[PDB]
Structures are given as structure tokens and as C-alpha cells.
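The following structure: forskolin with Adenylate cyclase, type V.
Letters go in sequence order (proteins before strands), and every chain restarts at 1. Whatever order the structure lists ligands and atoms in, that order sets their numbers, starting from 1. As a basis for the values below, the full set of heavy atoms in this structure was taken, side chains included, without hydrogen atoms, waters or symmetry mates. The deposited model was determined using X-ray crystallography, 2.9 Å.
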Amino acid sequence: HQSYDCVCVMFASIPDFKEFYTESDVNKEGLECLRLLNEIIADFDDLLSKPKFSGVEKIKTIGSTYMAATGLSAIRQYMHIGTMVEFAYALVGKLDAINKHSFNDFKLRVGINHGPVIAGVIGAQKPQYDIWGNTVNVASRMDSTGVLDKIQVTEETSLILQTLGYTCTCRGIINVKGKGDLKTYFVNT
Amino acid sequence: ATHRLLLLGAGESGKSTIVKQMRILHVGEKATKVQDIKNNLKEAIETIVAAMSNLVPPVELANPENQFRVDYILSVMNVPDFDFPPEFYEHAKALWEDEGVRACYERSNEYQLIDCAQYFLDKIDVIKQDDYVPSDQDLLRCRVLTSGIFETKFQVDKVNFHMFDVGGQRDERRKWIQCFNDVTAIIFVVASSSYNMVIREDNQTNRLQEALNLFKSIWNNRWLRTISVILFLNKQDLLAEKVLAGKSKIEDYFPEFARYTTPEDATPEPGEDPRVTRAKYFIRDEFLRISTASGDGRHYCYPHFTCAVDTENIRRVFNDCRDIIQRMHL
Amino acid sequence: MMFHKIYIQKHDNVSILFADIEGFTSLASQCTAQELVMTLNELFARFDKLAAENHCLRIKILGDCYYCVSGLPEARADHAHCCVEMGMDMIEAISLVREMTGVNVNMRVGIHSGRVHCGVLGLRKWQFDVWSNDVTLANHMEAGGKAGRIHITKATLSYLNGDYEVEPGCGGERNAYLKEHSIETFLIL
Ligand SMILES: CNc1ccccc1C(=O)O[C@H]1[C@@H](O)[C@H](n2cnc3c(=O)[nH]c(N)nc32)O[C@@H]1COP(=O)(O)OP(=O)(O)OP(=O)(O)O
Ligand SMILES: Nc1nc2c(ncn2[C@@H]2O[C@H](COP(=O)(O)OP(=O)(O)OP(O)(O)=S)[C@@H](O)[C@H]2O)c(=O)[nH]1
Ligand SMILES: C=C[C@@]1(C)CC(=O)[C@]2(O)[C@@]3(C)[C@@H](O)CCC(C)(C)[C@@H]3[C@H](O)[C@H](OC(C)=O)[C@@]2(C)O1
Ligand SMILES: [Cl-]
Ligand SMILES: [Mg+2]
Ligand SMILES: [Mg+2]
Ligand SMILES: [Mg+2]
């Protein structure tokens, strides 16, 4: 397994789900809930097969959190970075689409970042594909502390986005365990 | 062959009331629901007196004396555990007797007020007895909000039904989906009389219009594109009174009514004022336009002019349903 | 036809185990980005082996968080000891590699026993996972555990048939979730 120098990792989570999940005899012990989530996760994958997102890779799904990444199909140079944001919106358009038919108000929370990672597989049993790198740790932390319906980008990510036609706002400082305190930004719409 | 029926509709639409009939019809605990009846009685009176002054124009009592009873009903309004002292029923009745209090009642649409209002208030003398035992009608009339999903399982002619009651309120609609998968049919409930009222959720959205957009939301659902809806246009009685009373014209809440003329296939019940016939079918067609738009014959809509409090009308209609469930091989 | 076919299935009487490279970033700040990935892969390579022996089932690897479960695929009434054993192995295992890592590390195990809902979500890049409140508790148990020790629930203990020496875990004081739901916890000796 190789390592890239510029991969754009994204995390889109639904905080409002852990509560939605109920284990009552009525909902078959939380089956009906997972059924809804299954719809959601599926509705999200029906994006990966679209031409404009032909460069996005669904890495996995942790709980109700979607993990994608753009720029793994390589050996602007930072345009795949803007596509990850184009995708973030995508998920939203679809997450609120579901809300129409479920009488819900699920809000998505995103954490985008970009930098060196280490793609590859892991695990002897049934080898599974995953990318490592500090770049990933910050992306996740850029979500767990994000704000609903807001994408959280770092400084340079902020910069690159502006040089791509994006307006940003400073969230303020945030503590990223391991990297200390970091200044973050919210993408404007 | 077991079924799963999901009752859907806005708040106080009458879902809970229909599930009651199913127990009354196909299924000494009352000592517990007596409390709930006295709470209705209390909320009813205190709500009316409370709106007296807030309404525009304000409503004045016909009895200046009753002003002291008004102070009472209010001083106890927020009270946690009310003991319902023998006085309560007196001041309460005294107020129900007051002409101004009733004057304000005839405008109860201008504020949120339960339906069993007049019903229960007209029997304070009975509910106050320590030997008071609720009739079956007093249960069909009692009003308690539903929060969550509860499954009533009854049987008819060795056939099983699994009734599903959910919260009609908005914040409740999110739990509905948990019953969407694998459901025989949908019993959609509509407050056919609540056309001149607004919902409790925001005090602006017309109760009927809400029931419409809600129906449109269900009918045009991405998970109910084949599930058939048994539309229950309820509260026909409360409707007719309003229509005949004529105090609040329909073409003033739903202007499209002015251009409406009574149907052809109209089968008006024995001795029914054409004005009513016209009105009730209006409300029904309003719903039919929603179901006629899409669906593409993958699912159908079977309306009904029901009255959930009438165990007689419910026994009847529930059969016209049981037929559809068989006839359509659902 | 209406909802996407969901590939899930309820599974009662099963034990769930979670593990974490306590202080991962404390070591992630001295080892090359790669040496960590090799170390990590090295570790879990051994784990998965241990896993198949103890009748466990690796479910998914999330960075330093490894979690399997016993009682599946085929229901084994011995689902209690399996994870305890697994927990045992993961303890010594990490210590062996803790040498080659040339840095202070240790596993924090958590085990709960209840019912689950396993399968796969969405429709792309499928990955076997598990879901239930019990699954959440097991995770939280791990979170509120101690280095080198195996934290368990009173539920997990009622399945060990008094075959293990235990002591008060007092997890209520280490993890909020355990506190909130007043969960009696214990530690294997
Ligand atoms: C300098 N950092 C790294 C260099 C090479 C490879 C990874 C890292 C790194 O920062 O990894 C972290 C996540 O990306 C990474 N991680 C977490 N979930 C996932 C995941 O789902 N996939 C991948 N690939 N990595 C994940 O594991 C790590 C654990 O962080 P947690 O926030 O989960 O805290 P903790 O598990 O409690 O350990 P701690 O320091 O108290 O003890
Ligand atoms: N007069 C009259 N009252 C009715 C009729 N149907 C229902 N009600 C009354 O309406 C009130 C509200 O009914 P209910 O069945 O509680 O609504 P709901 O849909 O179950 O509302 P929720 O409980 O989800 S919030 C009750 O007090 C009941 O007695 C009817 O046909 N006529
Ligand atoms: C999806 C629903 C729900 C409620 C069910 C569940 O058992 C989980 O999926 C686990 C515990 C469980 O699947 C094991 C993995 C992991 C990663 C620990 C999940 C997350 O913590 C989920 O929460 C998040 C934060 O998505 C959680 C708790 O969410
Ligand atoms: Cl209604
Ligand atoms: Mg109800
Ligand atoms: Mg750790
Ligand atoms: Mg971890």
C-alpha cells in the first residue's frame, strides 16, 4: 500500500441519529430505525455513480457517519478539493430529501480536510481498505466539533477554497488532540 | 391472515378514538380514566374563561357576580394536583350557565379548545359524584394526547388485525416511518369539522389545510406508492352543525367552495340538508384531487364519512374496510 | 420493493468486545507515519488470528479501535468466555508488540453481553457491522475501562457462570454513559 501527498478526506455525520434510534417492540427492537438509516446510506451512495462525483471514494461508514475521500485516483492539482465540497452539499440535498418523506429534521455535519495519507488495506482475516495519516484524524475532529449544516475547513483548506470561488468564516480556535489548538473555518453558502 | 393498519392524521384528528371503538366493538378499568375526564372538564372551562378577555372584541359575562368564580377557575388553573373540591363543580357549572361564558364558547375556534368541551361540561352534575362511573360514551369522548406508538391487536371472525396509533402532532410524525415498512393499509383520519380552526403547533396553519398537506405527503410518499389509503373523513356531526349554524361560512376559509356545486354520485344520508351534503362532499373531493393527481393505479383511496364517537357508524365503516382489505386482496 | 432490501438480522445472546491502543497519539508523535501503520497492521494481524481461535469475529478495524464479537455467525452459548479470552489475548499481544514499538502502550478492553442487529448498510463498499443499544454500551464500557484490564457488565458476568475472579469496575465514575444508566461494571482479575 502506497501513500499520497494530497488526498481530500470528508466526514459527514448525523448527530441527531443516535437519539432517533429506539429499541421498542414496536420498531422490531430498532430494526425499523436501521432501515431508515439504510435508506439514507444508500441514498448517499447513489451519488458516487454520478459523473461529477466520479472521483469520490466511499471509504466506509462509522455508525451514522459517512467517510469519503477525493484524490486517491492520482499518483488544478487541488480541484478535487472543491469536488469534495460539491459532494458535501450533495449529501445534504439528499439528507433533507429524506426528511421530506420521513417527517424528520436530520441535519448533516461535515469535516473536510486535505493532505498526505496512507491508503492501503489492513487485517489478515478479511483485508479491508482504509486510508490513514494525521490528515484523517483532523478531518474527523473537524466534524465531531463541527456545526450542523456547516462544513468545517482548516486554514489552508480555507485558502484553497477561496482561490476556488468560496467565501469562508472563522469558527475560532479548536483543540485537535495531538496537534494542539488549531484555527478553523466554516464554509459559507 | 393477520393485517397491520396504521392510522395517520393530524392532531386530535380522532385516531385514538377509533382504536377505542375497536376495543368497544371487537375486544372495570374505568376507575383510572375518571381522573382524565375531570381533567378535561377542568381544562375545558378554564380555557373558555381564559379566552374571555383575550378575544377581540373581549367577551363580558352576563353575571357580574360570576367574576369571583372566574378568579377561582384561574387561581387553580396551573395547580399541580387538583383535588376537585365540591366547590369546583359549582363555580364551574355556574360559569357554564353564564351566558357570556357560552357566548365565548361559540367562538372557541379563535383559540385552542378540546372537542369534548360542551359534552362533558353538560354533565358536571354527573362527573362530580363519588359513585360516578364513566359510560362507554364518556371514554370515546375523553381526550388524552398520544405520544409514541401503541399497538392494539384485536380479532374479527378468526382474522387478526393489528391497529397502530401514533401521535398526530408534528414532532410526533417522525416516529411514523417506523411503521411504514409492511403495512396492509393506511387509515387516514381527517377532522372534517375543524375547517375554521388552526393547529396547536403554531396557531396559524388551518387544521384542515394541515390535514391536506399531510395527506398529500402520505399519498405521494416514496414508501407508500402502493399502499392504499382508507380516508376517514371524521367529525361529520360537528361539521353539519357548523354548516347549518352558518356562523362561519366555508367559502370564507376555502374560497374555492363558492364555485363548488354538489356531486352526481352523491348519496346523501337519510334526511340530510343539501347544504351539509354539499359541504361534506366538498371536503372529500378536496382530498380526492390529491389522490387523483398521482398514484398511477398502484394504490387507491377509499374515502368514508365517519364519526368516531358513534360506535354504530364505526362498526359499519370498519366493515366497508374489512371488505376492501379482502376484495382488494391486500 | 418500497424500502431497499436491508441485509440485517437480529441476534440475541451474544458478547461484544472493544479495544483501544490507549495513548495512541502519545506514540503517534514519535513513530514515522508509516511505522505506526505497520505497527497497527502488525498488531491486528495477530489479533485476527487470536480472534478466529477464540470463536470471536472481527467486525471492523477503526484506527486503534478493534472490536469483534462472539455468538456469531452461528449462535454459540459460550459467547461469554470467548470475548473474555479474546480480551485476555489482546492484552498480552499488545505487550509483545509494545516492545517492537519501543513506546509505552496498552489496550483498554470493554465487554458487554446482550442482543444485536448485524449486517450491512447502504449499498456500496459494504462492511459487516453491528447495531444495538447493547453495542453502544460495550463501546462505552471500553471507553470507561482501565489499561491492561478487561472491563465488563453485570450482564457479561451473568454469562461467565462464576468462572472468573472480578472486582468493582466503578465505570460509573470513569465514563458518563455508564453513570447515566447506572451500569454495574466489573474488572477481570
Ligand atoms: C499523527 N497521526 C497519525 C499518523 C499515521 C496514521 C494515523 C494517525 C492518527 O492521528 O490516527 C488516529 C485516527 O485517525 C485513527 N482512527 C480513528 N477512527 C478511524 C477510522 O475509522 N479509520 C481510520 N483509518 N483511522 C481511524 O486512530 C487514531 C486514534 O484517535 P482517536 O481520536 O480515535 O483517540 P483514541 O482512539 O481514544 O486513541 P487516543 O490517542 O486516546 O488513545
Ligand atoms: N363530537 C365528536 N368528537 C369526536 C369525534 N371523533 C373524535 N372526537 C373527539 O375528538 C377529541 C380528540 O380525539 P383523539 O382520538 O384523541 O385524536 P387523536 O388523533 O387520537 O390525536 P393524538 O391523540 O394523536 S394528538 C376527543 O376528545 C374525541 O372524543 C367525532 O366524530 N365527533
Ligand atoms: C447507528 C446507530 C447507533 C445508535 C447504534 C450503534 O450501536 C453504533 O452504530 C456503534 C456503537 C456500533 O455500531 C459499533 C461501532 C461504533 C463506531 C462505536 C458505532 C457508533 O458509536 C454509533 O454512533 C455514532 C456516533 O454514529 C452508534 C452508537 O450508533
Ligand atoms: Cl385533522
Ligand atoms: Mg392519538
Ligand atoms: Mg487508544
Ligand atoms: Mg479509536
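In this structure, every copy of forskolin sits at ligand 3. Counting only non-hydrogen atoms, chains lying under 4.0 Å from forskolin (ligand 3): A, C. Counting only non-hydrogen atoms, no residue of chain C annotated by UniProt as Mg(2+)-binding lies closer than 4.0 Å to forskolin (ligand 3). In this entry, the label on chain A says Adenylate cyclase, type II. In chain C, the residues contacting forskolin (ligand 3) fall mostly within the UniProt domain Guanylate cyclase 1. For forskolin (ligand 3), the heavy-atom contacts closer than 4.0 Å come from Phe17(A), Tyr21(A), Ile62(A), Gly63(A), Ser64(A), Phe18(C), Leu62(C), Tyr67(C), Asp129(C), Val130(C), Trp131(C), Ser132(C), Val135(C), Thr136(C), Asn139(C).
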